[PDB]
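In this PDB entry you will find acarbose.
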Amino acid sequence: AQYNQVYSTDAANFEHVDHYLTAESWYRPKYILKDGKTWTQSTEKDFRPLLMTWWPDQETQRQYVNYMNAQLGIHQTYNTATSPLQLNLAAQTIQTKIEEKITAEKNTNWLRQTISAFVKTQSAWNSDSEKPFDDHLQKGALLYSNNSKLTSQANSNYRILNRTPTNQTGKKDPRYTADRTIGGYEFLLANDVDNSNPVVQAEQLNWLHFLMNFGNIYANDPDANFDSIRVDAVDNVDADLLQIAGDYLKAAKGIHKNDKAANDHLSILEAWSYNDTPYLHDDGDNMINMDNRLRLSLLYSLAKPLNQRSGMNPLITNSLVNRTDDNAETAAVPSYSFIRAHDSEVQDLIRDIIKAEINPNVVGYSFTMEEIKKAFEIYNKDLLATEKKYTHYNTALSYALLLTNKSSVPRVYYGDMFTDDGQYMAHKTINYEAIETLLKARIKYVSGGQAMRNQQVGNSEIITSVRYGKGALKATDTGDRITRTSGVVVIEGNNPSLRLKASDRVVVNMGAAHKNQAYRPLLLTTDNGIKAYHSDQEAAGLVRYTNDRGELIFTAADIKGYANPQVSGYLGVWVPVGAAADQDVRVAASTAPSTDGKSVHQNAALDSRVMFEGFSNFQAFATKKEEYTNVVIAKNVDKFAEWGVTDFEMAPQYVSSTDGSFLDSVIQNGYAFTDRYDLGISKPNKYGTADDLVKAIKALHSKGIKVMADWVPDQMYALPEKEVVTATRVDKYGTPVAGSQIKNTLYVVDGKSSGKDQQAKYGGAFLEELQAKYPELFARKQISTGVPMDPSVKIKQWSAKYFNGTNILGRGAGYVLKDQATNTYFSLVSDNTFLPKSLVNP
Ligand SMILES: C[C@H]1O[C@H](O[C@H]2[C@H](O)[C@@H](O)[C@@H](O[C@H]3[C@H](O)[C@@H](O)[C@@H](O)O[C@@H]3CO)O[C@@H]2CO)[C@H](O)[C@@H](O)[C@@H]1N[C@H]1C=C(CO)[C@@H](O)[C@H](O)[C@H]1O
Ligand SMILES: [Ca+2]
């Protein structure tokens with residue numbers, strides 16, 4: 001009894017969290033039974049575990065001896081039958097052995113840990129009370145109560161959930177109907193930042209500005225800023241952030257004034273809902289979104305297994321732009337196109353491989369480093385197979401359309417040019433040649449109106465895609481010298497068993513500027529792969545002519561199906577003969593004032609851009625300075641120039657967390673981070689040091705290339721400090737989970753930043769300069785909240801009050817200790833102290 005009770009009931013006497021007690025709390029007893037022999041006065045050194053002497057119920061005080069009788073080598077145990085009395089000596093017997101084992105161990109860490117192991121063995125302290133799980137990527141979420149007396153420092157007047165672009169107002173937008181859902185959901189991974197909180201919005205703005213001024217702020221070098229941003233996980237945050245970020249580009253960079261200004265800071269969303277493009281358009285085209293339909297069309301018409309491949313027509317018409325005849329000087333809506341990304345169609349395929357040939361139950365993308373490399377042997381091998389079982393077919397065919405299509409900024413994926421695993425740019429993919437050739441031809445030849453045709457021939461079908469040449473929007477436009485020596489034609493089949501009859505002819509119209517002209521191949525499919533023609537010269541043997549009307553004509557002699565590691569179907573591309581070594585048909589954005597109330601315009605100048613996604617989730621880690629990506633990037637700034645890369649999308653530069661709780665923090669891509677401002681500052685990030693970063697931004701700028709910052713306002717990982725919140729189990733939309741036990745109940749989260757990281761340094765730091773120069777950003781009443789941002793407080797330290805909630809942590813429904821008689825939390829706040837009866841009054 002007595003000695004065991006609490007030395008005194010001050011906060012100082014307990015390891016508590018927000019003045020609550022957890023099943024893992026140690027405390028300071030009055031005396032310690034020194035070496036279970038005699039009873040000293042507790043000095044401030046003398047902290048013992050609570051469970052050593054108190055138990056939530058008797059039933060738990062039971063497993064506790066049993067389990068602890070194991071450890072210390074006592075060789076008794078009791079079943080459910082036993083009297084209280086015995087359980088109570090068993091435990092004192094257990095305590096002596098704990099001192100005698102603390103003296104002889106000269107510490108008490110060995111116990112820190114037999115305790116923990118045991119807490120873990122118990123339901124209410126363990127995932128079991130967290131079920132049932134749901135389809136959240138990490139199995140479940142906890143939503144934090146807005147109003148709890150128990151945890152008032154964690155209250156909030158916001159935590160408005162699910163305000164995606166479609167649902168920004170708390171009701172599905174009537175305007176946009178292609179996606180009939182509400183267009184996203186709130187909880188994605190880790191600690192969900194509540195971007196419906198006006199103070200937080202302000203802070204995202206702070207952060208945005210900082211990124212965009214990185215050079216000035218961090219290196220004092222105006223030449224090292226990020227030019228643009230990518231908004232990550234749009235469909236999982238409050239869309240207010242879109243007017244916020246849009247407002248900022250307009251106020252600080254003037255993108256709304258003319259295209260030249262707009263294109264120098266060209267920014268994108270990652271927004272998957274079909275509703276997000278029209279949404280963004282009506283919002284003023286202040287950044288551009290992906291073309292989701294065209295991506296899907298390429299995926300299914302070209303990349304999928306031969307038996308799951310669809311017809312080719314969708315390559316022409318399932319897109320934001322119908323490319324049957326695209327003759328518009330400016331497209332109705334701007335966008336970027338891609339076939340693969342760092343996540344889309346990469347990490348999927350790896351998960352496919354694990355699930356299929358390594359771990360059957362693997363969850364979401366919570367892979368191990370193990371599984372991954374195991375997976376990559378299968379994958380790299382399939383990459384070279386003609387019959388692919390996991391990886392894409394026809395990569396070159398997809399890039400041929402992406403790089404010649406009109407009315408979209410094509411984004412090339414690093415991993416389609418270099419190996420998805422492996423040191424930065426160390427190994428070229430089998431497609432690097434064709435892609436590079438296209439990239440280079442694009443600069444020289446791709447310009448003008450477009451026509452695409454789908455023709456049924458032989459036993460299958462082909463499509464033709466043609467670009468008329470610089471400054472001919474129409475088939476009848478005749479243009480000038482340069483028109484004559486520009487344009488291109490791509491011909492594609494998606495069926496290895498394509499056969500033309502002898503009489504069959506694919507008659508392509510190349511445009512008025514092209515009568516009676518010699519053309520030569522650029523790429524041709526061959527039995528083993530695809531053959532690239534780097535100049536007129538190199539292709540002298542294979543010239544062919546257009547006729548009187550500017551038509552190229554093709555025959556069984558040219559077109560037939562193939563099956564090799566590169567092509568499953570048919571690819572042919574032709575270009576006019578006689579273009580100057582240095583011919584360049586791209587075109588510069590004009591400074592003429594914009595008058596349509598949009599910022600970005602999909603015109604010839606925007607089509608002149610190419611975006612490069614310059615990383616891979618699955619890159620090797622650098623073994624040495626020379627291998628750091630940002631080091632390598634600076635050194636190869638010329639290749640990108642040579643490819644026509646105008647916008648370099650860098651990976652997120654935040655220093656990665658390493659808890660391993662998701663793929664992101666296993667391979668450290670930079671989407672999982674604890675410090676928003678720590679861009680390789682406190683230690684190198686996967687890609688190099690903050691200085692290596694600066695130099696790579698500088699290198700790219702030296703070529704005039706723009707550099708994009710991945711803005712990640714959705715979540716944060718691995719917060720160092722604990723906090724107690726009032727929590728509820730919820731699925732990804734924030735709906736309470738049926739039959740869960742965690743319902744408005746205290747939970748200990750990892751919800752606090754260190755108060756002394758970069759965040760502490762820069763949080764809210766420029767709010768003041770921002771309100772001074774751009775007062776209108778702070779005038780706007782944000783849509784979901786009805787009110788402006790609130791810069792009146794700075795976020796110096798993240799804490800649960802700025803979050804919506806968190807992924808379950810496996811701590812349990814009863815981790816915060818409760819008197820079961822009264823059903824009350826124990827509390828150590830000094831006016832209101834409430835302690836386990838035995839410990840205070842024995
Ligand atoms: C990875 C990505 O996930 C989140 O987006 C999800 C979409 O909301 C879901 O729709 C589904 O997207 C699918 C499309 O609806 C469907 O058309 C089909 O094409 O497949 C699409 C993807 O398979 O799945 C997506 C994820 O389940 C989220 O909005 C986005 O942030 C996520 N990407 C970023 C997230 C992080 C961390 O923030 C990193 O892992 C990624 O690399 C980021 O790019
Ligand atoms: Ca969110």
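Counting from 1, the numbers follow the sequence of the chain as shown. Counting starts at 1 for both ligands and their atoms, following the listed order.
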Positions of acarbose in the model: ligand 1
By the naming in UniProt, what macromolecule does acarbose (ligand 1) touch most in this deposit? Glucosyltransferase-SI
Which residues does the binding site of acarbose (ligand 1) contain at 4.0 Å, with heavy atoms considered? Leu188, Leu189, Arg230, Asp232, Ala233, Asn236, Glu270, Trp272, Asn292, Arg295, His342, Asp343, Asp664, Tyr671, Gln715
